[PDB]
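Here we have a structure that includes cetuximab.
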Amino acid sequence: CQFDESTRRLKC
Amino acid sequence: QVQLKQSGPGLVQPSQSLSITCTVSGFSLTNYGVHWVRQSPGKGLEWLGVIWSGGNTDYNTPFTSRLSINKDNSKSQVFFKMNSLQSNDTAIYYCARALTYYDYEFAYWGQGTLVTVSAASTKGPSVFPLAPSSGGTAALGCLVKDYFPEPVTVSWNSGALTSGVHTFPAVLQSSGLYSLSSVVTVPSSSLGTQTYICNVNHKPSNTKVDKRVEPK
Amino acid sequence: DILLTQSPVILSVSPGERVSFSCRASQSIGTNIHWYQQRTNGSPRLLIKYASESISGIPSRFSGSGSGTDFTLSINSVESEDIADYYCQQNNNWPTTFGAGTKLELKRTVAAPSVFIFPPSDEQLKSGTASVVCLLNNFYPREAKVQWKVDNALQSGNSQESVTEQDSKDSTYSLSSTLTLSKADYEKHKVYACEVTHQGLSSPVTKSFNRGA
C-alpha cells in the first residue's frame, strides 16, 4: 500500500 | 478550543526551500512545544522535528542539515523551513501539538499543507458545468479542468449543500495538469426554485470561481 | 530506528463485527505506543495513548492492549464512520517512528449504480476541447466496467476514471468516467453512449445522448 496525497488515504 | 492552522499549499521548485507558517490558538507557545510531521507516498508518516517552549530545537537525523524551526511567542507563529527539496520531498506537511508539554502523543494537528516539488508553473483551472437533464432525482455538478498543482477545494452553495455531494479525486492528465469533477444529486422539482453554485478555490494560483449550474 | 510492522495491510469486515489491528516492533518498547485514525482527506486523529489509555472524546468501542513488541488496536463493534486507515507510533526510542498503516474497508449489501451522462458544455467547446462525463453513483462493490461508444465505435485509451473512497454513511462508492475528445472530433459524430456493467445490474445499463438533441 502507498499513501496518496490527493485523498490522504492508503491506496493498495 | 485548541487549534493549529498552517499556511496554504503550493509549489516549490527543485533545489529550492520550503516555508510553512503554523499559527496556534487555545494555548501559548511558551507552555507547549510544536512538532512537525510529514506524510509522503514513499515513506509514509515521518517525524521531522520540534521546537520546545524554551526555544530549543531537535531535528530528526536525516534533516539536521536542511531543517530550521523558529517561532514568535507573541504572535503565536511557528516557522518551518526546509532547504534544497527534491521530488521525494513532496508530501503532506503537518504541525502538531502533544497532550503534555514534554511528550509525543499528538492530540492536536494542523490541517496539513500539501507541498509539490516541480519546476512546472502554477495554473488556475477552468470550471465548466455538468448540466442536469431518474425517479425525480436530478444529478448535476462541475468540471474543474486543467490546473496545477494539487489541491483544489470544492463546496456547494457556500457550504450550505453537503448531502449527496461527491467530489472525486483529481486525476493527472497527459498534459501534466490535473482535473476533477464534483457532483451532487438533488430533487428535480427543486431545479426551478433553488440555485446550485459550486465554489471552486485553487489557492496555489489565487483562482477563485463560483459556477452556477443550470439545466440547459 | 525502531521498525514498526502493521498487519495486515487491508482489513475487510462487516458492520457490528469486532476487528483488531496489529502493530509489531523490531524490539521491545514497553507500552510506549500510540494509535491514530485517518479519514479521507483528514489529518491523524489520536485514538489511544500508551497502548491502552483512553483519549477524551474518542468513542468507547476503541481500545488497545499489548506490551513489549506485539500490540493490538480493537473496535468491538465497527460502524460505517470507522472507514479509515489506522497507524501506530512508538516513542520508547528516539526518534519516534510510525507504522505503515492498515486500511479498514466495510462490506455491505450489493447496490446497483445510478448512471448519469453529461454532454460537454458550450463553454468548454469554445476552447476546442470536449469532455463527456459518465457518473456511476452510490454502488457497491467497487468493481465496475464503463464502455464508451461514439457512433457505435468502441473508444479505448481516451477516457480516465476516478473513484471516491467509501462513503462514511452508506458505505458506497461513486465513479466518474470522463471521455475527452478534440472539438473537431466531437462535432464530426452524433451518438455518444456510456455503457455500465456492474454486479448489481442484471443487464448493462446504457446512457446516451445525440449531440444537439
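Every chain is numbered from 1 and lettered A, B, ... according to where its sequence line falls, protein lines coming before strand lines. Worth knowing before you read on, the calculation uses all heavy atoms, side chains too, and leaves out hydrogens, waters and symmetry mates.
- The parts of the structure that belong to cetuximab are chains B and C.
- Most heavy-atom pairs under 4.5 Å with chain A, from the set C/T40, C/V9, C/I10: that is C/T40.
- For a residue to count as touching a neighbouring chain, one of its non-hydrogen atoms must lie under 4.5 Å from one of that chain's; by this rule C/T164 does not touch chain A.
- Result: most heavy-atom pairs under 4.5 Å between chain A and a chain of cetuximab - chain C.
- For a residue to count as touching a neighbouring chain, one of its non-hydrogen atoms must lie under 4.5 Å from one of that chain's; by this rule C/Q38 touches chain A with backbone and side chain alike.
- Other-chain residues and nucleotides with a heavy atom under 4.5 Å from cetuximab are A/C1, A/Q2, A/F3, A/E5, A/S6, A/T7, A/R8, A/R9, A/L10, A/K11, A/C12.
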Got a list of the donor-acceptor pairs under 3.5 angstrom between chain A and chain C (cetuximab)?
unit_1: A/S6; atom_1: O; unit_2: C/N41; atom_2: ND2; d: 2.9
unit_1: A/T7; atom_1: O; unit_2: C/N41; atom_2: N; d: 2.7
unit_1: A/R8; atom_1: NH1; unit_2: C/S43; atom_2: OG; d: 3.4
unit_1: A/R9; atom_1: NE; unit_2: C/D85; atom_2: OD1; d: 3.3
unit_1: A/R9; atom_1: NE; unit_2: C/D85; atom_2: OD2; d: 3.0
unit_1: A/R9; atom_1: NH1; unit_2: C/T40; atom_2: OG1; d: 3.2
unit_1: A/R9; atom_1: NH2; unit_2: C/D85; atom_2: OD1; d: 2.8
unit_1: A/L10; atom_1: N; unit_2: C/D85; atom_2: OD2; d: 2.7
unit_1: A/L10; atom_1: O; unit_2: C/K103; atom_2: NZ; d: 3.2

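- The name that the PDB entry gives to chain B is Cetuximab Fab heavy chain.
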